[PDB]
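Beta-lactamase in complex with cefuroxime (bound form).
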Amino acid sequence: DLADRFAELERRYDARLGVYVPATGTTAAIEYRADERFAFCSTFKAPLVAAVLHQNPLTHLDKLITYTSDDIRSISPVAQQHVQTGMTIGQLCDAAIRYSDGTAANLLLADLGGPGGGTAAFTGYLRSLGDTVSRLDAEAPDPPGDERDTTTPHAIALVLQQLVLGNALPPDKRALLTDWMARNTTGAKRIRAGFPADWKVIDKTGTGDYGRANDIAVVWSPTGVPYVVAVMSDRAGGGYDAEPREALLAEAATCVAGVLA
Ligand SMILES: *C(=O)[C@@H](NC(=O)/C(=N\OC)c1ccco1)[C@@H]1NC(C(=O)O)=C(COC(N)=O)CS1
């Protein structure tokens, strides 16, 4: 029984854990706290890039964006390296997904445009995909329970499913998004750690205060059967400085993989 295993992990890591895997041909949906709200953290950057791709011709990826000192307000491993030259939209998408770059995400939000520095248009994009649940309210750089900047494992899984496996994006734009997630550098110790090496994993991570650790993935079996895996967690019991625990997500993913293999 998965629910007992998930509950066991919650006690181990003094955590709240949310899990959703959408149903397939032969597997029922896996769900644990799947309709509870958890902070997006950086996981919004995957649908954000989808929004930017959708909104523009593909050659918009070549548009150079300039930025300066006061735009670097959050963890931005790539954008800090290129502040003196600027970065193209394509480079920003790359950084936002593969390095979870905060500045890159803010600039992409600004590119999408509109009220709240792009957060309203980003939320509008999710609504267009039938997601009435998620909301983005602020930029990089939220107390536990607060509904601002939250999604649910259920909602974000269905969004990722449409983006990667469905037809939310035309194939050419879909492949750009899928490739960036495939080449992600931040996810080795999360969902990836729970699935055997002969399963393909693409993902976008999220990490925050109050022990927040997320990962959203699409995985493929050795025979090419895809599954969407959304795992979210926080550790409110440790306060603001509670350490995020990647191992919680690795273990949750291992339990899921055991059911799907
Ligand atoms: C997105 O989740 C974002 N994280 C942050 O910007 C955080 N603090 O600013 C409010 C934060 C808190 C703890 C760590 O960062 C970026 N994303 C990610 C990510 O995992 O996607 C990280 C991850 O660090 C890892 N791998 O442990 C930090 S920056």
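Residue numbering for chain A follows the PDB entry; the residues present correspond to positions 43-183, 188-307, in that order. Per deposition record, X-ray crystallography, 2.0 Å. Counting starts at 1 for both ligands and their atoms, following the listed order. The basis for the numbers below is simple: all heavy atoms, side chains too, and nothing from hydrogens, waters or symmetry mates.
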Protein heavy atom under 4.0 angstrom of atom 8 (N) of cefuroxime (bound form), is there one?
-> no
In the entry's source annotation, what organism is given for chain A?
-> Mycobacterium tuberculosis
With heavy atoms under 4.0 Å as the rule, classify the contact between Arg258 and cefuroxime (bound form) as side chain, backbone, both or neither.
-> neither
Record the residue and atom bearing a covalent link to cefuroxime (bound form).
-> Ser84 OG
Report yes if some N/O of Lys87 lies less than 3.5 Å from some N/O of cefuroxime (bound form); otherwise report no.
-> no
Consider every N or O of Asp255 and every N or O of cefuroxime (bound form), then say whether any pair is closer than 3.5 Å.
-> no
Cefuroxime (bound form) versus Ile117: contacting region, heavy-atom distance under 4.0 Å = side chain
Test item, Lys235 contacting cefuroxime (bound form) (heavy atom, 4.0 angstrom) | no
Under 4.0 Å from cefuroxime (bound form), counting heavy atoms only, is it the side chain of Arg140, its backbone, both or neither?
-> neither
Can a non-hydrogen atom of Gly144 be found less than 4.0 Å from any atom of cefuroxime (bound form)?
-> no
Protein heavy-atom contact under 4.0 Å for atom 4 (N) of cefuroxime (bound form)?
-> yes
Which residues carry both labels: UniProt substrate-binding in chain A, and heavy atom within 4.0 Å of cefuroxime (bound form)?
-> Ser142, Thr251, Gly252, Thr253
Residue part near cefuroxime (bound form), for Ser116, under 4.0 Å between non-hydrogen atoms = neither
Give, by chain and number, all residues and nucleotides of other chains with a heavy atom within 4.0 Å of cefuroxime (bound form).
-> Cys83, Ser84, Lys87, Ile117, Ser142, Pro183, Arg236, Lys250, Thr251, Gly252, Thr253, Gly254
